[PDB]
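What follows is a short report on a single structure.
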Amino acid sequence: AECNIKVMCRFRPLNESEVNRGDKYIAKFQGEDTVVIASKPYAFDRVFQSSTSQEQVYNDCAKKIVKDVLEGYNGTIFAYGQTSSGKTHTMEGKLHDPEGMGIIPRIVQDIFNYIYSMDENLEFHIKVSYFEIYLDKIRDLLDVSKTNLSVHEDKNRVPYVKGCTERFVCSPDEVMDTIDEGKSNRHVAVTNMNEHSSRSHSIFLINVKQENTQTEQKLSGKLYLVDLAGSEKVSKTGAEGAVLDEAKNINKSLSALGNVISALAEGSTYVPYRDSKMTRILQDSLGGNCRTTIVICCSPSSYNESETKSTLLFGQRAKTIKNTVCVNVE
Amino acid sequence: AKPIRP
Amino acid sequence: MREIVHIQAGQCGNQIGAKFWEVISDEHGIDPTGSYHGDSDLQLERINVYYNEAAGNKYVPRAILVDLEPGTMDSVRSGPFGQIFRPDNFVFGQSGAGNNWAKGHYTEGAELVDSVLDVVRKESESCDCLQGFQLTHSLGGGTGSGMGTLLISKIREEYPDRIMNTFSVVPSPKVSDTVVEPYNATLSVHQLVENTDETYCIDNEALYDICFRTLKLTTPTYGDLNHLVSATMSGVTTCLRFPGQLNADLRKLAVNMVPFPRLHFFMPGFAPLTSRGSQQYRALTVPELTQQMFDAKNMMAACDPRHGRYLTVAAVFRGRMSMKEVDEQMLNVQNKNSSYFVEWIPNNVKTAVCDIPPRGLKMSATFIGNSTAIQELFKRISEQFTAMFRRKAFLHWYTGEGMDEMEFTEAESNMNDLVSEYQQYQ
Amino acid sequence: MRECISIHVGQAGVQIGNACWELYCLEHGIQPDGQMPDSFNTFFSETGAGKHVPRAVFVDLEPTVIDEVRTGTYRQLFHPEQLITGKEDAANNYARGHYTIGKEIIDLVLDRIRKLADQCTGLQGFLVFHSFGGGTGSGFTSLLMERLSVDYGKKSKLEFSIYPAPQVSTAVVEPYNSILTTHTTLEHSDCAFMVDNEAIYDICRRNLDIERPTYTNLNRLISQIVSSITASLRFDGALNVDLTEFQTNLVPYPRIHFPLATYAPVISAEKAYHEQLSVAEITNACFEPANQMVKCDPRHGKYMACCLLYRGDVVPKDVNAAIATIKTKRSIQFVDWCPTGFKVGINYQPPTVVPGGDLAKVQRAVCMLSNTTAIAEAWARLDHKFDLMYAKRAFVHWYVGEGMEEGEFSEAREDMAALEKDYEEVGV
Ligand SMILES: CC(=O)O[C@H]1C(=O)[C@@]2(C)[C@H]([C@H](OC(=O)c3ccccc3)[C@]3(O)C[C@H](OC(=O)[C@H](O)[C@@H](NC(=O)c4ccccc4)c4ccccc4)C(C)=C1C3(C)C)[C@]1(OC(C)=O)CO[C@@H]1C[C@@H]2O
Ligand SMILES: Nc1nc2c(ncn2[C@@H]2O[C@H](COP(=O)(O)OP(=O)(O)OP(=O)(O)O)[C@@H](O)[C@H]2O)c(=O)[nH]1
Ligand SMILES: Nc1ncnc2c1ncn2[C@@H]1O[C@H](COP(=O)(O)OP(=O)(O)NP(=O)(O)O)[C@@H](O)[C@H]1O
Ligand SMILES: Nc1nc2c(ncn2[C@@H]2O[C@H](COP(=O)(O)OP(=O)(O)O)[C@@H](O)[C@H]2O)c(=O)[nH]1
Ligand SMILES: [Mg+2]
Ligand SMILES: [Mg+2]
């Protein structure tokens, strides 16, 4: 059957760098699923206000994806927004805090809990992959030797990264250790807007393969968790040197993603998936056999009104994309 | 190979 | 300043590069020994773009010639303009590829690509402001397609912010010189699409047509075809070497002529092109040059531009001419051929004028065209590839050197995606 | 003394500047070597004995044309530190001119300007020559204007741009560059005089009877116009006009500072005779829509302010008669809120004819700088081309790949739409 992309919007509290410089809250919320900026409606599935906690966003966004992955479908969650918007906070956040943990730790804990709650005749294999995109190069965040990798195609024409470290796991502790090791190798630079701005598009992959002993039925599952970098402007970021090169590549990749989203929204034919590595990897996520939810994080200050409008328009166009999701029966 | 079971 | 590293890979690339260097040296007044006996200072003004210096006013070109066989290198060396090259630059093995892309890209080419890269790196370090790279190869061969593709990938991953313009020779449609043309062509395109900035597609069929119809040559040879390719190779980068009223570098041409990253396959052209006994009757002027440039017979690729719509066109004029005349000619060409041009791009043509003509000519120009008609060549290559791949014909030679069928399917999918992209914008 | 700093950026800017400086040197009787065999301090500086150092900064990312200046006949005129060259061109990329490649010679040009400024006592303003559409003349000029606004600010800043023509065009990324630069430099420039190559081509075709105009003739015409603009400072006359006068008479509202220039009489040597070239005739011919230097009919709009700079043998009675005749005409439309939209300035120095030049020796000439609402349609067609290219998102990756957000295009489009709406509002 066909299912739509579930775009969800999150507005963070105003940060110190904006509250101390003549800024005003421009976002006005009505109902439970609409946001009004400069008297222009923008309707999404669920719009989270400033004070929304991590449990709320996880329960309203990603709890369905855990059950979908275990049942046999595929899932994808990725965050899009401006610099210092809340993508890293929404996805990962503080890794060990019971109240501040983001989407990834809650997803892994709930996937293990549902596995424990399943029937006794089933058997599961879980593998974890973690890589990033930097200067149009795919680097493995678990083994530094893999300086760059290649995106190939499968028999049924679904792209995938070749050579990424597939580490098997048994308990959530190993998953958390893998996440920590991947995060420590991720690239972080200090810009004016954000002190810990991420300069790479991190991707988290877990395959939950399912086998049944009695009925010999084998089911697959591919869950993608992506933390994109934000669009940056030299006037606000003040980048000079390596940071400027990172900003150039980040802007190019995000423009490619916007192009593919617009192409899917307009019902075109070419749907340019091949213009960037990120658009290649998430091809099945956007236009194939995946139930993907986009979590757009947007700054509510008057200083980022144009960027916030661009992000909301990107989310709005993505809501009309239709995906064809079918159970992966091997 | 490290399977998990309920 | 704004130097170009030149690479010749394979027999086709080497025999085109030899004529290219003879042509350039004649333009800059360099005799075969490496000395200078020119007539104007503008030759030596920008001699750094295509040459270096040495003691005693001797100029050695920054040409890097590579092949898996030494026969063509020996032919280049023993030729009339062979001693100008640096003897250390010739990098050659002894076992040829034998028209096997796998042999030239995985096993035999790998043992030479390291020293090739070392020569390239030394040349680039000796350069002041590296502008880009120039490569000549034939997609239908073994050493050319494979080794050039591997070297292009390595140089791209080493110098990601520099132009890589390659003058490749695509297989002819009607006549196939080698039985493995489809495989090699598809496997070469699968990486040319990703690792190049602007590639100029030439097929020998169009060159033979130009020679037979326009130049009226009774017995065209490979020398004449290589001469016509060298002409457009020199005309593309004329702004880098001489002053002009309006200057356009390779990156400027790329920005103008590449709307989307994967559509950078261009059809070259040149003008004027007349036969002896007909120059005394023609009229050398801008309208004649524009008419000859935009004609279908003058294109150096076997793709009729009428079966498609132009995306972007560059016209790198040369000599003394009025800018208003050029602009009016281009505008009326766009107006009279509105059907053959795209509407969501206004002012599809680009103009550059360099105030130095080639020797013996009052005016000259070069035509670079990004036409959706180039999908026909890729479509026929894909059709032949499918025909030869359904039945696994001529496949064990490639599979025996370490390739896989999945690589062939990936190459076919990439080619089909490029064809679909070109079809979309029509 | 009243002195101005002249800045030329990009190939068009430096060609125009070469023409302008040849005209200036001929005007003041200065040999190209810098040895004269007052009224020259405005554009030239004096050394201990002989050598005159023009107050010019020739800047370009392409070294080719500045090298032509360095090796040309005017080799020993400029202080070689003034002529600045980089390594690579901007490749018709606003991003390269502004963010990536521009921020490597911007410090040097700023230092050169500051050093020149410290040597001028009565600085009046800057004369920036650049071309919209080009990578350098749309990116580097924006950065330079931002720096000049931040540093000096109170000093005047005049621009002489080469606006893209409606039909005749050279680049394909020209609308993007033009809208980006007109969005960035709307808040900094104080009076930007715009011309387009198509109009000057037509003027040459119809008036000078030259069927093949080139860049040299266009640059000579622009040099004559700028000489008329700045001749009030150099020489004496009745009712001299300064740069602050230009700004405060030609700019009604702060966001409307894009006048269009016109020059007359542009005649050949053959037509120098058989024509009286009276003051009234020259003014009438200058108001004609065919003689405008921007491809826009003034009849489709209303004049806001128009300043006239007469040169040569001109008597105020003739000027008053001509202005009255112009006002009585019905085709010309002057806005309601400007009862007097005419400023005049008379100088006693006739225009000079460069040897080997198309123009002929004429007793009198005028330069009509008008601010009409007919310039809205040029912005309209430029915005239409930009929208057509941006709907399909063509060439965007080249700009995005050198440090420019995708939202900056939308911001520039919004600013241009605001400028169009403001022009429409002030019209009614
Ligand atoms: C008396 C006279 O004017 O003779 C001309 C001539 O008759 C014509 C027909 C020439 C002639 O060219 C050919 O016949 C030809 C042969 C093989 C391949 C291509 C062309 C000419 O041979 C070619 C030659 O070209 C040059 O000198 C250019 O500099 C040219 N040089 C070479 O290609 C070259 C040839 C041998 C050795 C070294 C260089 C060039 C063009 C572009 C960039 C660099 C160099 C010219 C003007 C002539 C002759 C001699 C008859 C033409 O070609 C060129 C390239 O100019 C053919 O159509 C043009 C028009 C010319 O008028
Ligand atoms: N009047 C006049 N216009 C010119 C001249 N040269 C170029 N132009 C116009 O300028 C535009 C091209 O921009 P250029 O100034 O050449 O480019 P640039 O500013 O040097 O920037 P880059 O070369 O890309 O670094 C086109 O619209 C040309 O018609 C000239 O000599 N005179
Ligand atoms: N919901 C939130 N509540 C409180 N603080 C938040 C919230 N979202 C983000 N922040 C703060 O903003 C800073 C983080 O920006 P982050 O949310 O990490 O930006 P980012 O989206 O990862 N920036 P970038 O990597 O450039 O796209 C942190 O120190 C957070 O504490
Ligand atoms: N113009 C020209 N084409 C050539 C030459 N030699 C080979 N070709 C063409 O190149 C293709 C063969 O590839 P080739 O370069 O010989 O194989 P390689 O040595 O393995 O790269 C065929 O289409 C030939 O017609 C030459 O000297 N000049
Ligand atoms: Mg981050
Ligand atoms: Mg230039």
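Chain A is the first sequence line, chain B the second, and so forth, proteins listed ahead of strands; every chain is numbered from 1. The header says electron microscopy, 3.0 Å. Order of listing sets the numbers, starting from 1, for every ligand and every atom in it. We use all heavy atoms of the structure for the numbers below, so side chains are in, but hydrogens, waters and symmetry mates are not.
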Problem set entry | Molecule at ligand 1; choices clarithromycin, rhizoxin, Taxol, efonidipine, venetoclax | Taxol
For this session: Please name the chain that forms the largest contact set with Taxol (ligand 1), as given in the PDB entry.
Result: Tubulin beta chain
For this session: Return the chain letters whose heavy atoms come under 4.0 Å from Taxol (ligand 1), other chains only.
Result: C
Problem set entry | Non-hydrogen contacts within 4.0 Å of Taxol (ligand 1) | C:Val23, C:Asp26, C:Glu27, C:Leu215, C:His227, C:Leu228, C:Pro272, C:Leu273, C:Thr274, C:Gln279, C:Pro358, C:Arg359, C:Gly360, C:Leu361
For this session: Filter the UniProt GTP-binding residues of chain C to those with a heavy atom under 4.0 Å from Taxol (ligand 1), and list them.
Result: none
